[PDB]
Amino acid sequence: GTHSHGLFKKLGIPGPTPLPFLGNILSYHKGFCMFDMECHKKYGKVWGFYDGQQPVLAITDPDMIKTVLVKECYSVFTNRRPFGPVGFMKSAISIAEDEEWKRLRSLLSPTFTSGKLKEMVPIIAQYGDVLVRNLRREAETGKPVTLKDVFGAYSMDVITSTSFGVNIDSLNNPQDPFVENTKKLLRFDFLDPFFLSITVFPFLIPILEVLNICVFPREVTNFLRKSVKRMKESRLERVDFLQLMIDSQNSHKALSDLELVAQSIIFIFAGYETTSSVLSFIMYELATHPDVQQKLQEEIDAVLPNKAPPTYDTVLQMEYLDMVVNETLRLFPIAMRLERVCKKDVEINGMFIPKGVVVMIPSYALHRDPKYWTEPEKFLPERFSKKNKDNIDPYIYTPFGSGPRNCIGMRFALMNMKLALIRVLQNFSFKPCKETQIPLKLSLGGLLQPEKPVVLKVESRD
Ligand code: HEM
Ligand SMILES: CC(=O)[C@H]1CC[C@H]2[C@@H]3CCC4=CC(=O)CC[C@]4(C)[C@H]3CC[C@]12C
């Protein structure tokens, strides 16, 4: 079982020595992120490894990265690594490929313009208020609060309302069937037995498609499909993603009906647990660095006096806030990696890359690389002080990727998280208990998350 295993020794590329059938996956005991640093540390600029039989080429040079992510994105590095039995979700933009990806992407971009984002701020700012009362209510009771729980509820509230115009406080209405289903849409752990099996036996993926076994829980997708077509149905009696999409069905185009339901499902999958994880990582950093939390609270109260409500304009005004957000994303880029399938023999910047190879950018590692980042391990928001910008390479730092296929939901996710932080920090402060793990521990699994969940105390500023 060493078919594609000769490739990198042939081209003269360095790397860890692959076992038959398994390749290098046994090196994943430490998790993706620490496998990526070790390889960087030990082979340097470039290296090669095998996910089962699948050869993966890591690159860390910013010029090489740009060529891949930007310059030719369209005729060579268009698609992501196929990853599992996927059924109708093959039409979701993050999963679609080549020409149909390109069609969806430009059908869906107008939905993410800045105009639309502003129509949406009074809708998401509403759940900023909701989150606050939920927070005071169980902070004036004492004591430890689980962030992932309060920020998950907030992330859900904001998705349900901007995706579908469904307005519920999910923390307190925990069983609207709409809360129950959408909550099951978590990010995939690719070190789970199921995905490691799939990686070693990818010839099994088609078999699973046949039995209609899918990585998106068929019971949840059923629910949303029936939900959506009913929403479209009883709407022929503003503003939300569903609506913007229903409109771009009225004149590549003819954004399909089922194509629409797929995008709706995938927007949830993309924004729900991502947004809640980052908010947790940030609020963890703010509790462990009162320096920074105090400075932010002071910045907020100068832009928004008398606990005044955040607007779009006052949000972009706050550059210490922006500093904290980015410095958190550096330390914890929850994507971990960026990947493109190389779909033709190509020659980029002097390195020959044979057709079929997965080219991989180790985002977690580059964000912690001693060259570009002084004291890489410490939470230092001053890195992003507008002084030191332009000392920041947009290809080293890539928490939302880069190029035509970057995070289409970026400015939304950024605006979402900031409005949440502001409303929270206008009202509360967050101290570390010692149910709190200090310092933080990342998971040995395939998701960038804390080992044990983050718990803190929440004091009302009154
Ligand atoms: C803090 C929250 C988020 C982070 C850190 C994040 C990060 C990322 C990253 C790294 C990628 C891959 C980009 C690449 O391959 O270069 C991505 C893709 C994507 N994200 Fe986000 N994301 C977040 C939230 C969201 C939200 C809220 C949405 C939608 C509402 C969203 C929708 C997408 C979509 C649709 C793609 C694939 C786009 C395509 O393939 O054309 N993400 N995200
Ligand atoms: C947590 C996670 O990544 C999810 C995504 C796809 C999910 C799997 C999908 C297929 C599946 C079918 C089963 O009957 C057992 C559970 C499993 C094996 C699921 C376990 C949890 C997985 C691995």
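Here the PDB entry sets the residue numbers for chain A, with the shown residues being 26-262, 268-281, 287-497 in order. Basis for what follows: all heavy atoms, side chains included, without hydrogens, waters or symmetry-related copies. Whatever order the structure lists them in is the order used to number ligands and atoms, beginning at 1.
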Requested in this report: Report the name of the drug modeled at ligand 2.
Outcome: progesterone
Query raised in the report: In this deposited structure, which macromolecule lies in greatest contact with progesterone (ligand 2), as labelled in UniProt?
Result: Cytochrome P450 3A4
**Report entry** Sub-4.0 Å protein heavy atom next to atom 3 (O) of progesterone (ligand 2)
**Finding:** yes
Report task. List the closest protein heavy-atom neighbour of atom 5 (C) of progesterone (ligand 2): residue, atom name, distance to the nearest 0.1 Å. Result -> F213 CD2, 3.4 Å
Query raised in the report: For atom 13 (C) of progesterone (ligand 2), is the nearest protein heavy atom closer than 4.0 Å?
Result: no
Requested in this report: For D217, counting its heavy atoms only, list the atoms of progesterone (ligand 2) lying under 4.0 Å from any of them.
Outcome: 23 (C)
Query raised in the report: Counting only heavy atoms on the protein side, is anything nearer than 4.0 Å to atom 16 (C) of progesterone (ligand 2)?
Result: no
Query raised in the report: Is there a heavy atom in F220 that sits closer than 4.0 Å to progesterone (ligand 2)?
Result: yes
Query raised in the report: The entry lists a source organism for chain A; which one?
Result: Homo sapiens
Report task. Name the closest protein heavy atom to atom 1 (C) of progesterone (ligand 2), giving the residue it belongs to and the distance to 0.1 Å. Result -> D214 N, 4.2 Å
Query raised in the report: Please state which protein non-hydrogen atom is closest to atom 18 (C) of progesterone (ligand 2) and give its distance, to 0.1 Å?
Result: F219 CD1, 3.7 Å
Query raised in the report: Using 4.0 Å as the cut-off, what other ligands and ions neighbour progesterone (ligand 2)?
Result: none
Query raised in the report: Can you tell me which residue and heavy atom of the protein come closest to atom 9 (C) of progesterone (ligand 2), and the distance to 0.1 Å?
Result: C239 O, 4.2 Å
Query raised in the report: What residues contact progesterone (ligand 2) if the heavy-atom distance limit is 4.0 Å?
Result: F213, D214, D217, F219, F220, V240
Please tabulate, one line per pair, the protein nitrogen or oxygen atoms found under 3.5 angstrom from a nitrogen or oxygen of progesterone (ligand 2), with distances to 0.1 Å, or say none if there are no such pairs.
{"from": "progesterone (ligand 2)", "atom 1": "3 (O)", "to": "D214", "atom 2": "N", "distance (Å)": "2.9"}

